[PDB]
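Among the contents of this structure: DMP-450.
Naming convention: chains lettered A, B, ... in sequence-line order (proteins, then strands); numbering from 1 in each chain. Both counts, for ligands and for their atoms, begin at 1 and track the order of listing. Determined via X-ray crystallography, 1.9 Å. Values below: every heavy atom of this structure, side chains too, minus hydrogens, waters and symmetry copies.
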Protein chains: 2
Amino acid sequence: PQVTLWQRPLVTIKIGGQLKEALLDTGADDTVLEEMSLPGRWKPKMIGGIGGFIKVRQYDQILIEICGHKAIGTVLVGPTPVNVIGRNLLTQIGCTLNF
Amino acid sequence: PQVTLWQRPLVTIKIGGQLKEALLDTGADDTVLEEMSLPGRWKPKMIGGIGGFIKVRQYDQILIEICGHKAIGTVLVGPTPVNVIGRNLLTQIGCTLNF
Ligand SMILES: Nc1cccc(CN2C(=O)N(Cc3cccc(N)c3)[C@H](Cc3ccccc3)[C@H](O)[C@@H](O)[C@H]2Cc2ccccc2)c1
């Protein structure tokens, strides 16, 4: 779809059986979700943002549906305020920025 | 133009007679730039990011040229580690997201 930026570019995602909403975020290199149960192994990671750093745990090879689109990648689950889909996944759903 | 998201979407801006690069950021509601000299007065505010919150200075009615397009808006200046152009200016230059 084409999305204009008058409102937050929010989308529905399905991850691990659960349905969420998440912000499409061109400025994020990574995807990070608030705490949710994911199965599997994970490794700790830390990421920086405005504000400072958070400790996060990294899951790889996670399937996500974003709108209908499926993709698989790394998701970081952590204490973010908002669930962010970052460039790692945006490339897979073919997302483009246009002006 | 069209920007894909395989690399970070940076653009040149001209702000306060100075030339900078910044990140086109659909997830950000506000424009936040690193410390620099803008003329004029400003109010303090704080903003939340990941990792927490920072205090910034709000300037209103500032001219910025983003990739050659001019815009006027609120810019926040403060301790970000990267310059971020958020939805308040992205909207003025007609930026769309699409997939
Ligand atoms: N790797 C990574 C993954 C996910 C998020 C971030 C860190 N980010 C933020 O903290 N933001 C707060 C931010 C940035 C600018 C303005 C505002 N209002 C908020 C928002 C996302 C956001 C988080 C929490 C609440 C709302 C939005 C912005 O939209 C994101 O692109 C980046 C901006 C950024 C900051 C530092 C370094 C690189 C990129 C980093």
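- In this PDB structure, the PDB entry names the chief binding partner of DMP-450 as HIV-1 protease.
- Every other chain with a heavy atom under 4.0 Å from DMP-450 is listed here: A, B.
- The set of residues with a heavy atom less than 4.0 Å from DMP-450 is A:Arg8, A:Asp25, A:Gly27, A:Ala28, A:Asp29, A:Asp30, A:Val32, A:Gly48, A:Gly49, A:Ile50, A:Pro81, A:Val82, A:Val84, B:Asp25, B:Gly27, B:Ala28, B:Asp29, B:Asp30, B:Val32, B:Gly48, B:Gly49, B:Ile50, B:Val82, B:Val84.
- Close contacts of DMP-450 with B:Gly48, meaning ligand atoms under 4.0 Å from a residue heavy atom, involve 19 (C).
- At under 3.5 Å, a nitrogen or oxygen of B:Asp25, whether backbone or side chain, sits near a nitrogen or oxygen of DMP-450.
- Each of the following atoms of DMP-450 lies closer than 4.0 Å to a heavy atom of B:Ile50: 5 (C), 10 (O).
- Distance check on atom 11 (N) of DMP-450: every protein heavy atom falls at or beyond the 4.0 Å cut-off.
- Taking a cut-off of under 4.0 Å to the non-hydrogen atoms of A:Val32, the atoms of DMP-450 that pass are 4 (C).
- The deposit names the source of chain A as Human immunodeficiency virus 1.
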